[PDB]
Participant: 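Let me give you the structure first, and then I'll get to my questions.
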Amino acid sequence: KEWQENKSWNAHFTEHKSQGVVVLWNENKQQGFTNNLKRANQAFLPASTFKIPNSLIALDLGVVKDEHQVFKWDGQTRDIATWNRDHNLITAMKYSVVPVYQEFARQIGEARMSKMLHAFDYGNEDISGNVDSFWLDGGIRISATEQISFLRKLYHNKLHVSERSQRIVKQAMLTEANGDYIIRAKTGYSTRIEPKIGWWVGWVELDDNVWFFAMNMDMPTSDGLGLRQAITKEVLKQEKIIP
Amino acid sequence: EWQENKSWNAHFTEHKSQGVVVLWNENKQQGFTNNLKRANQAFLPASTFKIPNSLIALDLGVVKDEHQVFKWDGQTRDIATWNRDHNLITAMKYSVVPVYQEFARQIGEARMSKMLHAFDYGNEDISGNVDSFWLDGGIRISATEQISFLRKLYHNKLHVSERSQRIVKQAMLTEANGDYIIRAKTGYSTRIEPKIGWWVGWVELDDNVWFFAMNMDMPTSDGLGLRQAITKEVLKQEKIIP
Ligand SMILES: *C(=O)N1C[C@H](NOS(=O)(=O)O)CC[C@H]1C(N)=O
Ligand SMILES: *C(=O)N1C[C@H](NOS(=O)(=O)O)CC[C@H]1C(N)=O
């Protein structure tokens, strides 16, 4: 009853030569839906979806003063062109600018990172590995259903950080908005440790409800990255959440 | 600081319309408009007043937060979306006048005036009914004054809480995608001539913000869509949005 399995959504994966899980949570009904309960509860490296808790911690500790503070480019030209420029929190999140977030993590430090994540009840809460990459090749692991629990807290300002920090992060998560819905979310691509997987987690705000979502899918090559959003939107469209 | 670009009149004329678009490039600190005189013509703000009103209501605790439900008072009105319970997000989205009339009544004449003075909002004149002065009272604000007010809101420089300013900016969210984000509020002044439409707000880009304030003659509701369409035609011309 709390979590129901809806295997019809596999069609959206199969039709895109893909495999994964979409987890949906109807906030009003307090009911959850997924195509794969086992994978929905399978813990994976959060990769860039960790930018959500990382942003929160950095804002609450003053490592990030606000969403306008500029994080200068360190001069090192990296494979993703949008990272080779100055950023603020909005564009660092939009473009998933790793080096900015690595710098935040170093400033936050192992001790505060660890104990702040416990406050968030975040995945296995294990930050073992490099302080600037544990979310990518360290010990930390989070499931799609755990992403939803974490995101619901963020949504309701129930994390144990300031309302302000939560509001700023939810601003930074803004992905898409029109007269039908608003999506606040963060993508992720876990590439360093097998299985390579793509994430999209967040929620869709409607006029009278919110639908949280967490999906992940096998991502052996970057060519499928756009399917993280597309498959999710096919599920949302199937469920009449978005037109 | 204000430069005229008459080529933008094409977007009014071609739509069998007349108005002004005012644009401010925040980075360059330069303003552009198709009609300098109309850019400075003060008009009734109509529903664009939902911006300061929300701000004031939030700061005074009249609105606890964006989730607080404003129960429908029971009166069924013409615009179908107003005949239901609302929160600040949807009240704003649909421009639900009754919810805002109720806010203005709770805020009260004295606190409203003080706030608008502190905001340096238009002529700062709340004369008329406490619950309709923005529609048929003395308050008048120009496109350029809207921009000045909106720039304050954007930088949290208004004298209300930072929180209030954040919540109102959230509530102003109109459209967002990988190219831009628009935070804005539409308006339609129907009760006092000249009947006009408004769209004021801004477009956030990655590395800049373009504030905009447009108003246009609106003798019939047929042209209400042009408030956005003309502005976007201007924004598209300037390569601000694709
Ligand atoms: C995050 O997972 N990463 C940083 C960046 N994010 O792009 S994503 O948001 O679309 O997932 C590239 C992928 C990954 C990384 N290589 O660190
Ligand atoms: C606001 O100016 N009004 C309330 C509502 N707003 O819709 S609008 O923002 O698209 O202009 C209808 C028009 C107007 C009114 N009748 O008071």
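As listed: the chains are lettered in turn, A, B, ..., one for each sequence line. Note that chain A is numbered according to the PDB entry, with residues 23-265 shown in order. Chain B is numbered as in the PDB entry; the shown residues are, in order, 24-265. Because only heavy atoms are used, hydrogens play no part in the values below, and waters and symmetry mates are left out as well, while side chains stay in. Counting starts at 1 for both ligands and their atoms, in listed order.
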Participant: Identify the macromolecule bound to ligand 2 in this structure with the most contacts, using its name in UniProt.
Facilitator: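 The chain with most contacts is Beta-lactamase OXA-48.
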Participant: What does the PDB call the drug placed at ligand 2?
Facilitator: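 Its PDB name is avibactam (bound form).
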Participant: What chains, other than any belonging to the drug, come within less than 4.0 Å of avibactam (bound form, ligand 2), counting only non-hydrogen atoms?
Facilitator: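 The other chains in heavy-atom contact are B.
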Participant: Which chain residues come within 4.0 Å of avibactam (bound form, ligand 2), judged by heavy atoms?
Facilitator: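 Non-hydrogen contacts come from B/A69, B/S70, B/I102, B/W105, B/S118, B/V120, B/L158, B/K208, B/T209, B/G210, B/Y211, B/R250.
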Participant: What protein heavy atom is closest to atom 7 (O) of avibactam (bound form, ligand 2), reported as residue, atom name and distance in Å?
Facilitator: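 Of the protein heavy atoms, B/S118 CB, 3.5 Å lies nearest.
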Participant: I keep going back and forth on this: is there a covalent bond to avibactam (bound form, ligand 2) in the model? If so, which residue and atom?
Facilitator: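 The entry gives a covalent bond to B/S70 OG.
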Participant: In the protein, which heavy atom is nearest to atom 2 (O) of avibactam (bound form, ligand 2), and how far is it?
Facilitator: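 Checked against all protein heavy atoms, atom 2 (O) of avibactam (bound form, ligand 2) sits closest to B/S70 OG, 2.1 Å.
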Participant: Of the protein's non-hydrogen atoms, which lies at the shortest distance from atom 12 (C) of avibactam (bound form, ligand 2), and what is that distance?
Facilitator: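 Going atom by atom, the protein heavy atom closest to atom 12 (C) of avibactam (bound form, ligand 2) ends up being B/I102 CD1, 3.8 Å.
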Participant: Provide, to 0.1 Å, the distance between atom 15 (C) of avibactam (bound form, ligand 2) and the closest protein heavy atom, together with that atom's residue and name.
Facilitator: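 Its nearest protein heavy-atom neighbour is B/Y211 O, 3.9 Å.
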Participant: As an exercise, identify every atom of avibactam (bound form, ligand 2) less than 4.0 angstrom from a heavy atom of B/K208.
Facilitator: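 Here the atoms of avibactam (bound form, ligand 2) in question are 9 (O).
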Participant: Give me the residue, atom name and distance of the protein heavy atom closest to atom 16 (N) of avibactam (bound form, ligand 2).
Facilitator: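 Heavy-atom neighbour on the protein nearest atom 16 (N) of avibactam (bound form, ligand 2): B/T213 CG2, 4.1 Å.
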Participant: What are the identity and heavy-atom distance (to 1 Å) of the UniProt active-site residue in chain B nearest to avibactam (bound form, ligand 2)?
Facilitator: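 Rounded to 1 Å with heavy atoms, the UniProt active-site residue is B/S70, 1 Å.
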Participant: For atom 9 (O) of avibactam (bound form, ligand 2), which protein heavy atom lies nearest, and how many Å away is it?
Facilitator: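 For this ligand atom, the closest protein heavy atom is B/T209 OG1, 2.6 Å.
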Participant: Identify which residues UniProt lists as binding beta-lactam in chain B have a non-hydrogen atom closer than 4.0 Å to avibactam (bound form, ligand 2).
Facilitator: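 The overlap, by heavy atom and UniProt annotation, is B/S70, B/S118, B/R250.
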Participant: Go through avibactam (bound form, ligand 2) atom by atom and flag the ones less than 4.0 Å from a non-hydrogen atom of B/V120.
Facilitator: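 Taking each heavy atom of B/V120 in turn, avibactam (bound form, ligand 2) has 4 (C), 17 (O) under 4.0 Å.
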Participant: Could you tell me, atom by atom, which parts of avibactam (bound form, ligand 2) come under 4.0 Å of a heavy atom of B/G210?
Facilitator: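 That gives atoms 2 (O), 9 (O), 11 (O) of avibactam (bound form, ligand 2).
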Participant: Could you check atom 11 (O) of avibactam (bound form, ligand 2) against the protein and tell me its nearest heavy-atom contact, residue, atom and distance included?
Facilitator: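 Answer, as residue, atom name and distance: B/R250 NH1, 2.7 Å.
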Participant: Check avibactam (bound form, ligand 2) for close polar pairs with the protein: N or O on both sides, less than 3.5 Å.
Facilitator:
residue	atom	partner	partner atom	Å
avibactam (bound form, ligand 2)	2 (O)	B/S70	N	2.7
avibactam (bound form, ligand 2)	2 (O)	B/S70	OG	2.1
avibactam (bound form, ligand 2)	2 (O)	B/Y211	N	2.9
avibactam (bound form, ligand 2)	2 (O)	B/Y211	O	3.3
avibactam (bound form, ligand 2)	3 (N)	B/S70	OG	2.4
avibactam (bound form, ligand 2)	6 (N)	B/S70	OG	3.4
avibactam (bound form, ligand 2)	6 (N)	B/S118	OG	3.0
avibactam (bound form, ligand 2)	9 (O)	B/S118	OG	3.4
avibactam (bound form, ligand 2)	9 (O)	B/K208	NZ	3.2
avibactam (bound form, ligand 2)	9 (O)	B/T209	O	3.1
avibactam (bound form, ligand 2)	9 (O)	B/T209	OG1	2.6
avibactam (bound form, ligand 2)	10 (O)	B/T209	OG1	3.2
avibactam (bound form, ligand 2)	10 (O)	B/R250	NH1	3.1
avibactam (bound form, ligand 2)	10 (O)	B/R250	NH2	2.8
avibactam (bound form, ligand 2)	11 (O)	B/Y211	N	3.3
avibactam (bound form, ligand 2)	11 (O)	B/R250	NH1	2.7

